[PDB]
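Entry overview - Glyceraldehyde-3-phosphate dehydrogenase with dimethyl fumarate in place.
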4 protein chains.
Amino acid sequence: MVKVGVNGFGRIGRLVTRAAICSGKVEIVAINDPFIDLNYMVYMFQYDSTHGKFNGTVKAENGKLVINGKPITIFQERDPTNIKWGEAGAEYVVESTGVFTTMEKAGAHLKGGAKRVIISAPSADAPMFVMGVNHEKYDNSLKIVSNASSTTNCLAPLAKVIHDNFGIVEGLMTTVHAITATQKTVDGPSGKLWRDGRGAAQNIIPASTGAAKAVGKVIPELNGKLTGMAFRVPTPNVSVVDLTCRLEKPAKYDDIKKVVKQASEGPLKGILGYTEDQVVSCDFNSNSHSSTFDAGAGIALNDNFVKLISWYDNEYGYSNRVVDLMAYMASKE
Amino acid sequence: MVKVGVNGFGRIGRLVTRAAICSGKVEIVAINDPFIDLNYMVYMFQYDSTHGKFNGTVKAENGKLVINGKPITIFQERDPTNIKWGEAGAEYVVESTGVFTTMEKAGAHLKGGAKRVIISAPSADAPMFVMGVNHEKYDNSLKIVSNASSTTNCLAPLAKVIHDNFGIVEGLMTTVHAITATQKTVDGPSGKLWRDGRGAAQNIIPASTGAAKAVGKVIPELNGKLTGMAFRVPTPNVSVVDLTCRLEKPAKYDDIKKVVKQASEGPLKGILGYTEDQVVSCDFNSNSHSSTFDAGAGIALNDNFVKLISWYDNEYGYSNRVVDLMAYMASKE
Amino acid sequence: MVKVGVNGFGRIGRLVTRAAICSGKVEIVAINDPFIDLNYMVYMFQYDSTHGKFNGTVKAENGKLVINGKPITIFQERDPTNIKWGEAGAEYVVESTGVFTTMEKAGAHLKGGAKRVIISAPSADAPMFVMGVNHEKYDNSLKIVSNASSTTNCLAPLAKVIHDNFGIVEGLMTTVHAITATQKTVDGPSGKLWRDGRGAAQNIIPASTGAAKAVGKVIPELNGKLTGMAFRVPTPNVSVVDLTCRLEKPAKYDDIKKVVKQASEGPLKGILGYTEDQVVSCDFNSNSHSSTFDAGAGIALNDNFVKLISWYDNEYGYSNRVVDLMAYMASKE
Amino acid sequence: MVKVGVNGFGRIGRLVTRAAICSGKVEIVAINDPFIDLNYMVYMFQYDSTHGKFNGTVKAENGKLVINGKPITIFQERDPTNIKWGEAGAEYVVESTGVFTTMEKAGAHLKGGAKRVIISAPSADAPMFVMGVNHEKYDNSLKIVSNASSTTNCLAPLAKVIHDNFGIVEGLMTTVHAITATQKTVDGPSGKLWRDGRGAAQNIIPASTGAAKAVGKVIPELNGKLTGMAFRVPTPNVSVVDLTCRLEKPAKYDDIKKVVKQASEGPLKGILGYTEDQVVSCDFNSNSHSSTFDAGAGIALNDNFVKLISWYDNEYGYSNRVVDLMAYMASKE
Ligand SMILES: NC(=O)c1ccc[n+]([C@@H]2O[C@H](COP(=O)([O-])OP(=O)(O)OC[C@H]3O[C@@H](n4cnc5c(N)ncnc54)[C@H](O)[C@@H]3O)[C@@H](O)[C@H]2O)c1
Ligand SMILES: NC(=O)c1ccc[n+]([C@@H]2O[C@H](COP(=O)([O-])OP(=O)(O)OC[C@H]3O[C@@H](n4cnc5c(N)ncnc54)[C@H](O)[C@@H]3O)[C@@H](O)[C@H]2O)c1
Ligand SMILES: NC(=O)c1ccc[n+]([C@@H]2O[C@H](COP(=O)([O-])OP(=O)(O)OC[C@H]3O[C@@H](n4cnc5c(N)ncnc54)[C@H](O)[C@@H]3O)[C@@H](O)[C@H]2O)c1
Ligand SMILES: COC(=O)CCC(=O)OC
Ligand SMILES: COC(=O)CCC(=O)OC
Ligand SMILES: COC(=O)CCC(=O)OC
């Protein structure tokens with residue numbers, strides 16, 4: 001495969017490493033995290049409150065992190081410019097620290113000998129891609145790219161199927177979203193976004209999300225036709241998209257289901273899922289889909305105005321898409 | 001003031017009793033609950049995990065419950081027909097067990113001498129009223145009435161203001177709702193509502209709600225123009241309405257804020273609130289409003305298609321509305 | 001392998017069924033639960049908020065619950081005297097409803113053709129057993145037995161090792177315990193035990209437990225030398241034992257560690273575990289041990305006065321021990 | 001009343017301010033925090049997820065934080081030696097950042113013109129005081145003091161009563177402790193305390209505490225006779241001390257209750273509380289006691305070996321003790 005270095009060994013960094021090592025679709029050869037040393041990396045990778053103990057062996061050997069017998073070079077650079085990616089043989093770097101989302105900042109890795117960078121977040125100026133939706137618009141000239149956000153990877157496949165078949169005239173989305181590392185256990189400082197500092201385990205917290213507008217970038221005909229917002233709620237993982245949209249062509253709810261179900265069995269297999277079961281959020285913990293349409297939870301007001309519900313494991317589904325994107329890029333070289 | 005019996009000393013029964021006692025609009029004179037004996041009522045009224053210790057005295061004396069020096073007759077009847085309301089002097093009865101919501105069942109209280117019954121829940125056939133929206137359409141021939149649901153009591157005053165000023169062509173609603181007594185601590189049997197049995201503290205749980213349709217009964221012009229659904233999430237109190245609606249007349253977001261703020265200061269004062277602060281759900285705990293508009297959390301895609309956010313303490317706001325409705329009804333005797 | 005019937009398809013009944021299947025030690029041939037119809041059992045067995053989706057197939061077919069292709073007979077009787085266990089071939093019945101814990105009540109299963117009953121909880125009069133501690137005291141005259149509680153199955157193996165090497169003069173135990181089905185989502189009625197009705201998601205809740213005393217029954221020499229209590233805290237699963245005990249023979253803390261480590265690799269392997277990792281409760285979710293010693297978490301005041309810490313998955317470890325006890329009983333036949 | 005400056009507007013500094021204003025025992029005249037603008041201070045003081053909205057008026061006016069009409073000078077100094085306490089009239093300074101807990105660091109505030117410094121945390125080298133237990137050991141030569149920790153303030157009053165009357169031969173403590181600002185919302189990096197980084201809302205987490213050893217300095221006769229540890233649990237606030245101790249003189253449990261009750265009504269009034277009710281943790285939210293003994297939750301094994309339970313609001317009880325300690329110091333000047 002392509003040899004991958006991971007910058008930022010957090011929720012996404014470690015679950016991208018889990019998906020890479022377990023799927024075998026790419027090879028992790030290096031990790032950088034100045035806040036997690038090699039022995040700490042062993043513990044943080046082995047144990048996971050949300051996805052359970054890693055099924056396999058992980059150890060420290062001669063200064064390397066050894067996962068299922070295979071060594072991984074470890075870096076401790078706060079400055080992404082000083083990471084010697086080339087010497088470790090890492091061709092692609094996953095930028096998952098949360099603090100290098102612009103091309104200028106994410107371009108640091110190229111200096112170390114990396115050849116392309118995949119920002120595990122929206123970017124102000126890097127080209128953004130959602131597997132199943134616009135990844136074929138990638139081309140080899142793009143050395144710095146973004147895999148958008150979890151919420152965008154949930155909404156864009158759904159919005160693609162609804163728009164392709166019935167036309168979205170306009171839509172508004174809410175995501176009811178699990179807590180993340182940027183939140184606080186008790187009321188604490190968060191100077192730019194005051195509500196995000198309030199106690200994550202106590203509160204429903206409204207928050208902004210660019211995910212709906214960003215869908216207008218991965219689906220250009222939806223530009224200006226979608227926006228939305230978010231609620232953070234006290235669950236540790238798994239989120240859900242609630243898309244209220246008005247349709248061009250009339251659609252009985254059973255045709256929406258039928259069309260969404262066909263897409264989940266066809267080209268969006270593994271990316272867009274479909275279910276009619278009485279599911280709840282924990283039923284999608286460690287599910288690798290980008291988006292699972294929840295037939296029974298949605299509701300139509302009429303044939304042109306509907307509320308559609310789609311679940312996503314915001315940690316693990318997104319991490320698998322990071323791997324899929326990199327594998328697609330490597331196949332295009 | 002009217003004298004009141006409370007049937008069902010649960011979350012709503014006890015909080016109706018709080019709001020009545022320390023606001024002097026009505027007088028609780030009797031309570032029936034066959035699963036809470038007198039001494040247990042002292043303890044359950046005294047302490048509240050959500051709203052804090054009762055501020056006042058509560059004791060058991062001569063077989064009655066005495067709150068701030070005022071004795072309350074205590075019954076232990078599983079069947080409402082056997083409650084001697086009249087002999088206790090309860091003129092109105094708050095039906096807050098959750099299992100007598102039809103006119104046939106709630107009417108059992110009139111056999112014990114009660115004059116009128118206020119069901120603390122939507123009713124399949126009893127007329128439904130929301131303070132500030134349609135309570136003046138009540139008339140004195142109605143011996144059995146419903147105070148709708150807490151979600152209807154949050155959505156309807158907002159919908160009234162929006163529809164009065166701009167016309168709601170159509171709307172879809174989501175309520176992100178706190179846990180209630182009908183849910184389960186761990187995955188367990190829940191009759192035919194299978195999702196409602198799943199662990200309340202672990203899950204985001206989609207659920208059905210009539211509230212948006214019931215708005216079409218409370219605001220006739222909106223009949224068939226609103227529906228919606230709910231997500232139960234792990235908080236113990238306080239919920240929020242997310243109304244996505246299409247407007248007939250174009251409205252800038254700042255014009256929406258203007259009319260809502262003005263309504264909150266005029267005829268809907270104390271029922272509909274308005275805020276521009278960076279609030280989260282806990283900021284409405286023990287808030288007696290039916291609906292507080294949250295200016296900053298909402299978002300407009302354009303001048304005719306907007307997402308509006310309104311907070312509600314589903315426990316204490318509704319319970320004050322139950323008192324207000326009975327005081328209003330009493331004022332028309 | 002012995003054919004087993006399950007009375008009460010709850011947390012324990014369902015995880016005993018998972019454990020039976022995952023381990024092959026017994027064969028579930030029938031299940032009784034009047035509150036969970038056949039199609040509903042498919043769903044409750046398949047989806048699990050705590051332990052994840054069932055790994056295998058489960059379907060309803062021709063009136064039977066079919067798990068991994070094996071059909072299981074389904075009863076729907078509230079009264080155990082009416083379950084036709086013998087018609088289904090069930091020799092042992094797991095009594096896991098929580099309402100038939102005496103020998104009189106559990107004995108109803110013998111009227112239906114069951115040969116033995118294993119009560120999934122402490123019993124007032126049925127003999128109680130803890131795998132690895134006193135299960136060899138079981139003999140074939142015992143047609144009704146108790147597998148004690150999960151807290152006893154955690155405390156007793158540890159207490160046995162400690163007492164056999166240094167002698168426990170006296171000890172007091174706290175278990176910090178996850179929430180269970182008997183608790184309430186919000187402050188509600190709990191007539192017998194007032195604290196157990198307070199909202200489980202909000203509260204540290206003191207609770208009684210006879211578990212440490214029950215160790216005096218399974219380890220006779222410790223009779224009257226152990227008692228304890230519990231705190232119910234807001235987690236969905238996994239609990240921890242905190243044993244403060246005085247020792248007759250002096251022991252350095254690393255003598256304690258080494259003796260427990262040896263026991264966990266010898267005759268108590270699979271029952272008592274040992275770790276020095278910086279674990280937290282979620283690291284034992286879905287762990288089959290009765291009791292895992294946490295070396296780093298305990299602390300000694302001196303060589304004779306120590307506080308020892310041991311983790312237990314209260315759902316899954318206990319369920320595996322029920323299966324283990326039935327399999328041991330079968331080999332004695 | 002003494003005029004007080006507050007360094008750090010985190011939970012402690014804010015709740016100390018609430019306590020000071022609500023009790024009128026001292027006057028806040030100045031606040032320093034370089035990470036929080038004045039308008040953010042208004043918001044953070046006004047809204048509190050745990051203790052509810054401030055009951056009073058909070059606004060910014062001419063660069064000052066005006067609480068109930070009284071203005072308060074605001075500083076934004078990185079370095080405490082640069083804060084100008086003197087010109088603000090601040091005589092005592094609460095050092096509530098957590099990083100200036102030594103006498104050398106805390107003394108910096110003396111360079112700004114403050115007369116005394118009260119560290120709101122344990123100190124390596126400043127004398128630690130527990131109100132009600134050893135505050136008689138304060139003298140006017142002490143310019144820098146510590147109020148110890150909230151757990152120390154729970155345990156020491158209870159230990160004193162029990163050791164004064166029966167003699168603690170040796171004791172082992174566990175505190176079951178609510179979530180704090182040092183924890184993480186999801187599994188994240190946590191320096192050398194690996195367990196503290198695991199998801200706070202999901203886990204029961206073992207932790208260290210110096211509180212038991214500190215009580216052996218607050219009460220010198222107990223030096224080397226107490227040690228302990230903590231479990232971090234998923235609640236927002238309120239903790240509980242679990243003290244298992246051996247008594248020199250034998251005591252019936254009703255003897256223990258009687259002397260504790262007697263101390264709570266006498267010299268430890270308002271510091272040590274006493275209850276026999278079926279309390280749970282939320283019943284002590286915003287309670288100003290250091291320690292409330294829970295008669296029904298404890299258990300005696302015999303007359304020389306007991307487990308004693310005492311509740312503390314780890315946020316608000318401690319904050320009120322900071323104010324009382326300052327008022328006590330001011331009365332000795
Ligand atoms: N639901 C999700 O969790 C999710 C989904 C998609 C995208 N993202 C995005 O992924 C990015 C990281 O998310 P996360 O959830 O994994 O957060 P995280 O905090 O758990 O992990 C970020 C990691 O980066 C490390 N780090 C910090 N600074 C670093 C630096 N200079 N150099 C190297 N490592 C550094 C940190 O120690 C940490 O381990 C963010 O942009 C996030 O918005 C999160
Ligand atoms: N946020 C809310 O909780 C909320 C808000 C508005 C309306 N409601 C509705 O109010 C009703 C009660 O809800 P709740 O939250 O207070 O639930 P709850 O379980 O806390 O209270 C129900 C009470 O009814 C008692 N009871 C049961 N059967 C009885 C009988 N035959 N006779 C007398 N008493 C009996 C029960 O002991 C219990 O105390 C429901 O219909 C509910 O949907 C709830
Ligand atoms: N951590 C644990 O949950 C745990 C551990 C060890 C032991 N136990 C004990 O096991 C027993 C059950 O515990 P649980 O957590 O599984 O409770 P649960 O509520 O999850 O399951 C109880 C099941 O019994 C069913 N039931 C009720 N009445 C019945 C009847 N007449 N006939 C047949 N079925 C009936 C119920 O529908 C329910 O599904 C209790 O005694 C408990 O204390 C529980
Ligand atoms: C990063 O993962 C997410 O959940 C996306 C939310 C968001 O960033 O809105 C665009
Ligand atoms: C009682 O208040 C609510 O729970 C609102 C939900 C509802 O009942 O739907 C109409
Ligand atoms: C399974 O539940 C428990 O562990 C505690 C119950 C108890 O009292 O112990 C005998």
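To find a chain, count down the sequence lines: A is the first, B the second, and so on, and within it residues start at 1. When a ligand or atom number is given, it counts from 1 through the structure's own listing order.
- Counting repeats, the structure shows dimethyl fumarate at ligands 4, 5 and 6.
- Going by heavy atoms, the other chains that come closer than 4.0 Å to dimethyl fumarate (ligand 4) are A.
- Atom 2 (O) of dimethyl fumarate (ligand 4) has A/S150 N, 3.1 Å as its closest protein atom, hydrogens excluded (heavy atom only).
- The heavy atom nearest to atom 9 (O) of dimethyl fumarate (ligand 4), considering only A/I12, A/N314, A/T209, is found in A/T209.
- Scanning the protein for heavy atoms near atom 6 (C) of dimethyl fumarate (ligand 4), the closest one is A/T151 OG1, 3.6 Å.
- Protein heavy atom at the shortest distance from atom 4 (O) of dimethyl fumarate (ligand 4) is A/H177 NE2, 2.9 Å.
- Residue A/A211 has at least one heavy-atom neighbour below 4.0 Å for each of these atoms of dimethyl fumarate (ligand 4): 9 (O), 10 (C).
- At the shortest separation from atom 5 (C) of dimethyl fumarate (ligand 4) among protein heavy atoms lies A/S149 CB, 2.9 Å.
- UniProt lists residues of chain A as binding NAD(+); of these, a heavy atom within 4.0 Å of dimethyl fumarate (ligand 4) is found for none.
- The authors modeled no covalent bond from dimethyl fumarate (ligand 4) to a chain.
- Residue contact check for dimethyl fumarate (ligand 4): A/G210 places a non-hydrogen atom closer than 4.0 Å to it.
- Inside a radius of 4.0 Å around dimethyl fumarate (ligand 4), the other ligands and ions present are ligand 1 (nicotinamide-adenine-dinucleotide).
- The binding site of dimethyl fumarate (ligand 4) (heavy atoms under 4.0 Å) is made of A/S149, A/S150, A/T151, A/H177, A/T209, A/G210, A/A211.
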Between dimethyl fumarate (ligand 4) and the protein, which N/O pairs fall short of 3.5 Å?
{"residue": "dimethyl fumarate (ligand 4)", "atom": "2 (O)", "partner": "A/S150", "partner atom": "N", "Å": "3.1"}
{"residue": "dimethyl fumarate (ligand 4)", "atom": "4 (O)", "partner": "A/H177", "partner atom": "NE2", "Å": "2.9"}
{"residue": "dimethyl fumarate (ligand 4)", "atom": "9 (O)", "partner": "A/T209", "partner atom": "OG1", "Å": "2.7"}

